[PDB]
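A look at one PDB structure holding zopolrestat.
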Amino acid sequence: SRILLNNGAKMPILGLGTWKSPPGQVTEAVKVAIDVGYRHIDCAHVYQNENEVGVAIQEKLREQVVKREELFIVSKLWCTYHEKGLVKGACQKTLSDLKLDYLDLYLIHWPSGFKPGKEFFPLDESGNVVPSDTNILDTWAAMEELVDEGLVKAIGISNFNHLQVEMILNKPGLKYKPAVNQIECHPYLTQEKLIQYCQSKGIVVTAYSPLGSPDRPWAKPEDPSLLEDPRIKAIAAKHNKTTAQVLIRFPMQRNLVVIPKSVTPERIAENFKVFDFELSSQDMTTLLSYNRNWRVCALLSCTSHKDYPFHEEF
Ligand SMILES: NC(=O)c1ccc[n+]([C@@H]2O[C@H](COP(=O)([O-])OP(=O)(O)OC[C@H]3O[C@@H](n4cnc5c(N)ncnc54)[C@H](OP(=O)(O)O)[C@@H]3O)[C@@H](O)[C@H]2O)c1
Ligand SMILES: O=C(O)Cc1nn(Cc2nc3cc(C(F)(F)F)ccc3s2)c(=O)c2ccccc12
């Protein structure tokens, strides 16, 4: 149920995602999740719902359902706060919203810094994202300070390519190695090279968008649909499981952490019922065979940013 991180802490391999969970629904989602056994919640300031996630956690702590030490709460430093001077306040805002005194894991959400200011996606008049003059290593050093001050127990990265990870690993005077790299991963984007890289370096990989993010706001009707893939439905039927259950179990059997999102109580419970069956070797081979290098998350307006991660092969 949990994987050991480099700081000695254990991270639950199944967590609840919260991107696109409206504040109207995420409090109930998190309450239900905790009731049915989730102990890991994946959050971010940019998801605009951390206050409501926080309400749910506070309530369940107060109800004596769970103790804080049993929860594993992750959040992420948004791109507009990469300047060394902005990092601590960004973390403290997340902590205040979540009503917590520490995070279990805090990630650099994307390797790119954006122009500081109120807008999460500052654009120029021609639609290009406006970068900031920040660099990965200075942002990393700021993240390390959060560990040293007790705000966070572990730090990591998200959407970093292997060269960007290597930059941090090779930093003279590195204080903390990244514990986790959180990346998009599912049968249409199987990430074999980056997973082998990270796992060889002692970095745990978390798979995001494991169901293919059908609710992503830029979906096009001609896009591939993992949950509707008849090939994956057939593997699910053979196990008397749903397609979502197969898609969640798949990364678990690759020694990945996985964070499916739902706000629908029946699905939150369904998605956790993945510890009672095993995909066969042939199932795993078949699912890996569906790779198409297809990404849910890769914003066009960011493709000229100097730190855009997806020009590299991996
Ligand atoms: N680090 C990053 O850059 C990054 C990027 C993307 C995602 N993430 C994290 O990863 C999480 C998961 O990714 P995601 O939100 O993109 O998408 P996802 O988990 O792949 O898919 C969520 C979508 O699937 C639906 N769904 C959930 N369970 C289902 C089930 N059993 N049957 C049918 N449909 C089901 C949900 O609907 P309902 O909610 O309406 O039930 C929602 O529309 C995020 O929420 C976020 O926490 C991180
Ligand atoms: O962020 C999430 O969790 C999900 C996520 N993904 N995307 C796609 C992105 N593509 C990027 C590319 C870069 C780049 F590094 F390439 F510059 C930087 C930042 C991004 S956001 C979004 O546009 C988005 C908008 C609101 C809330 C969350 C998201």
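Chain A is numbered as in the PDB entry; shown residues: 2-315, in order. The figures here come from the full heavy-atom set of this structure, side chains too, leaving out hydrogens, waters and symmetry mates. In listed order, ligands and their atoms are each counted from 1.
- One finds zopolrestat in this structure at ligand 2.
- Bound to zopolrestat with the most contacts here is the chain that the PDB entry lists as Aldose reductase.
- Within 4.0 Å of zopolrestat, judged by non-hydrogen atoms, the site holds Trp20, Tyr48, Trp79, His110, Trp111, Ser113, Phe115, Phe122, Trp219, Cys298, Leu300, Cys303, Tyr309, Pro310.
- In this structure, the protein non-hydrogen atom closest to atom 13 (C) of zopolrestat is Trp111 CE3, 3.5 Å.
- The PDB records the source of chain A as Homo sapiens.
- Nearby ligands and ions of zopolrestat, counting only those under 4.0 Å: ligand 1 (NADP nicotinamide-adenine-dinucleotide phosphate).
- Close approach of zopolrestat to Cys298 (heavy-atom distance below 4.0 Å) involves ligand atoms 6 (N).
- Checked against UniProt, the substrate-binding residues of chain A with a heavy atom under 4.0 Å from zopolrestat turn out to be: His110.
- Applying the 4.0 Å criterion to heavy atoms of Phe115 picks out, from zopolrestat, the atoms 18 (C), 19 (C).
- Of the residues UniProt marks as active site in chain A, nearest to zopolrestat with least heavy-atom distance to 1 Å is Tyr48, 3 Å.
- Residue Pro310 approaches zopolrestat through these ligand atoms, each under 4.0 Å from one of its heavy atoms: 15 (F), 16 (F).
- Close contacts of zopolrestat with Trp219, meaning ligand atoms under 4.0 Å from a residue heavy atom, involve 6 (N), 7 (N), 8 (C), 22 (C), 23 (O).
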